[PDB]
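One structure is given below, encoded as structure tokens.
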Protein chains: 2
Amino acid sequence: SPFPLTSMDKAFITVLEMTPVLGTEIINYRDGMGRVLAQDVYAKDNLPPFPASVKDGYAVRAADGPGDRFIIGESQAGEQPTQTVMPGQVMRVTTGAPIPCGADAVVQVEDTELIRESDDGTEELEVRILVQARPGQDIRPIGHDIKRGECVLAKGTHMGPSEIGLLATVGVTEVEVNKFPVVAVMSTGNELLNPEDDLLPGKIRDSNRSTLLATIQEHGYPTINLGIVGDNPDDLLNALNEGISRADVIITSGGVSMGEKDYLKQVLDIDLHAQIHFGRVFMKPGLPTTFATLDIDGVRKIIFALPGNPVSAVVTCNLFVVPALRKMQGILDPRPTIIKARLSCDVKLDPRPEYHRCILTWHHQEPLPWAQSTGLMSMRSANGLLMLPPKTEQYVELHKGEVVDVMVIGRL
Amino acid sequence: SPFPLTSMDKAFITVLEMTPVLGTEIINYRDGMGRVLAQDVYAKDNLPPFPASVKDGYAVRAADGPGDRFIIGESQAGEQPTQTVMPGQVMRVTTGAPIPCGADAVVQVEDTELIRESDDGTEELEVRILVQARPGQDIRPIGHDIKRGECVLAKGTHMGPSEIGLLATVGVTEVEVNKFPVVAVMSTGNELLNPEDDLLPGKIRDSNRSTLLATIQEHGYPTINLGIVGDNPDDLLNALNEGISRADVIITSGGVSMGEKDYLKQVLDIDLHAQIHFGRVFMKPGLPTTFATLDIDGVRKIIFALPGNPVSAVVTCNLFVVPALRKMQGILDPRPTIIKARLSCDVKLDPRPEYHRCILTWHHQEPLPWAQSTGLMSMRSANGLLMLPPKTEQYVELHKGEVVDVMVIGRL
Ligand SMILES: C[C@H]1[C@H](OC(=O)CCC(=O)O)O[C@@H]2O[C@@]3(C)CC[C@H]4[C@H](C)CC[C@@H]1[C@@]24OO3
Ligand SMILES: C[C@H]1[C@H](OC(=O)CCC(=O)O)O[C@@H]2O[C@@]3(C)CC[C@H]4[C@H](C)CC[C@@H]1[C@@]24OO3
Ligand SMILES: Nc1ncnc2c1ncn2[C@@H]1O[C@H](COP(=O)(O)OP(=O)(O)O)[C@@H](O)[C@H]1O
Ligand SMILES: Nc1ncnc2c1ncn2[C@@H]1O[C@H](COP(=O)(O)OP(=O)(O)O)[C@@H](O)[C@H]1O
Ligand SMILES: [Ca+2]
Ligand SMILES: [Ca+2]
Ligand SMILES: [Cl-]
Ligand SMILES: [Cl-]
């Protein structure tokens, strides 16, 4: 089988439709970066749990109005006050300290003048309140920010630092989340040497394994290095079986064209009994990209057999593998972010949709970024993939300045 | 000292000007994600190191033209050929295999017809070449992609997956890079409990430590958890001394206003003998944000004393701390990426420049993203910080749809 040419849209949709969502596990909240909640999270306490001052100043009775007041004590952060403010009295407060019984407003220190103090100046005795406070001013009532019983995070939330801080706030230190996929990577070819090797006749160094592993690691997922596998079916089958045992996802590169020494598709079908959903994609680069699933004991393994050309391998990894991994780790909409950018140079269109790494840059006050195709600008890694449309009889070329879609693949 | 109000621009520039660049170390290339090269990197081999076929097909003499040819053997990937192609002969080749002596072009299999084979069909014997090849066609000459002696990566390059793959390609498996900063984080306040604690009267859980540690970890830097420190100068000094010993950067939160129990600025100046460069910033939120340096034995430590309010702490961490850490790890221009976005709702301007977390979203074919201020949209973490200008007599409010600056703080 020279597999049918699959459209890019059909290939991508097929990857997402066929990729499973992984099961769940309980983690410590500090380990939650990039995880997706598999439970709703509720507050068991009010925040604040006591009425809390917003200001350094004095807790007062608003009904007393402005005037001169006896200071009966201080409320400091972390201590519950024991005294009750009666008419004509106030209590000093600091930001975050509890409001004492009998007070209903806070007056910030700037709206006061101190009018009696102890001889040694350490104890405030009488203060002039210069304003009419409104009841409740500069107080966070109990539960103002979070109420006991409130759902503070919904299942499906993809967590970042602020969500971790919210779990800390509410004391929910263990949470149910989707698992991350474990991703195994192998390279294929009799010509490949390890990066650590000196060259030998007829040989080159394996770069795809490093590039692909780094790409997956950049997204936070655990990886397994399956090494270099020669161009023979027995070795390929054994390496695939090891990947299936050790990982949720297997990525290979090389050996997927129709060459005399290309065995991977035959091994996947006849030996592994995997279901190849597509074996060619009408895209540039990436024609021989292959995607398969394997259902064993009610678990679905997914296999990407990427082209061997290094540029093709990293482009197809970003287009197909990353969205699948995002679905596996529970992200509800796992699709890439697409930004509109201006082409930095003219480009010829191909009958196939074309993809190329680029750098996105925003310029002073200009609203749209520019996309500069790769290959001081060299100090930056690629953070985008230009997505060029197929040529038509009408449109054969795009011009500098014209707006194109760019897929985000790195931090901007 | 109620410290002077420092403009945002002066505060930010001061942080970057006063922050050092860390020294260098040698790392394994697989550990290079996010590192900055401190050396130029050179290729010691050509790529390809032999003339390499781009195609499955036949190595031919272009001068023979089209016609029927004897196939004298095969060149397979990873094997140096030993035979010389003479007039009237060709050799089978596969993609990435070396071109044999005597051949000067490759004809892809699609431009041929097989016209003699062995009885068992395993050996090709004669092929009809249907095209006139151009000399050099479908061959990558030695060094076409990389030449021995070529600088392939310059010092100052901020590495991603493709740079790691390039180090693998050229066999440079150990590289000199800038160190990453080690960042210590402490929280302050007598009211704070650990996230793991049940509440006690007058107390709340410490969230800032978790949020700040997660923010720093998201950027890839090692962290040290200095815990909760009470509101007293001895304990604050001891915790700062531990941070200085263990880390390059110390982040505190809380205790930086003028309150009765706020000691940190006094401790930094009088006890630690640090140089406080600013102690207030004209910004909303973040008024009491403080930045200090401490020079010990020719090493500069940097200290950020952030406000205690949780929103203020995470906003000021993203504005001031992250750019400093990027400078420390060697990034040449460590400043944030600013994108233009449309406001999703009307906003009132303040005399101070105002900052608020938001979510940036790109809509179908609309060129500019929308910025939706925080507090299915809830499934996403904040990836931006709205940067609102100070009000003027002319401009008091911004309206839905108007374009504003947004600082990127998360993956888009
Ligand atoms: C065909 C459409 C797909 O559409 C679906 O996947 C529908 C089923 C589903 O949403 O699961 O989305 C994708 O992702 C973005 C956000 C950009 C990237 C594009 C992919 C690179 C190609 C498929 C295309 C693509 O366009 O839009
Ligand atoms: C005042 C200018 C500063 O300008 C310098 O830092 C000049 C000295 C130097 O470049 O080192 O850059 C910054 O970073 C961006 C990219 C956006 C973020 C802004 C900061 C939030 C505030 C400072 C401002 C800022 O605007 O531009
Ligand atoms: N891991 C790798 N690192 C670098 N180059 C590779 C790697 N794997 C394959 N290549 C190169 O990519 C090209 C395409 O290889 P491949 O996809 O295996 O084609 P075929 O299936 O026809 O052998 C060849 O030049 C090959 O040497
Ligand atoms: N680590 C923290 N976690 C959550 N809230 C905090 C933290 N530190 C301080 N806060 C709260 O932030 C607010 C401001 O505190 P802070 O900056 O210490 O003010 P002051 O210096 O006046 O005591 C208070 O409500 C305080 O309880
Ligand atoms: Ca191969
Ligand atoms: Ca405090
Ligand atoms: Cl390809
Ligand atoms: Cl603040």
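Below, chain A is the first sequence line, B the second, and so on; all start at residue 1. Basis for what follows: all heavy atoms, side chains included, without hydrogens, waters or symmetry-related copies. Each ligand, and each atom within it, is numbered from 1 in the order the structure gives.
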Task: Drug choice at ligand 1 - artesunate, parecoxib, meropenem, Targretin - done: artesunate
Open item on the list: Just wondering - which macromolecule does artesunate (ligand 1) hug the most here, in the naming of UniProt?
Closed with: Gephyrin
Open item on the list: Can you point out the other chains with any heavy atom under 4.0 Å from artesunate (ligand 1), by letter?
Closed with: A
Open item on the list: Any idea which residues from other chains are within 4.0 Å of artesunate (ligand 1), non-hydrogen atoms only?
Closed with: A/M8, A/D9, A/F12, A/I13, A/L16, A/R335, A/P336, A/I338, A/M387
- [ ] Considering heavy atoms of the protein only, find what lies nearest to atom 27 (O) of artesunate (ligand 1) and give residue, atom and distance to 0.1 Å.
- [x] A/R335 NH1, 4.0 Å
Open item on the list: My question is simple, although I want it checked carefully: is atom 25 (C) of artesunate (ligand 1) less than 4.0 angstrom from any protein heavy atom?
Closed with: no
Task: Nearest non-hydrogen protein atom, atom 2 (C) of artesunate (ligand 1) - done: A/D9 OD1, 4.4 Å
Open item on the list: For atom 17 (C) of artesunate (ligand 1), what's the nearest protein heavy-atom neighbour? Residue, atom name and distance, please.
Closed with: A/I338 CG1, 3.5 Å
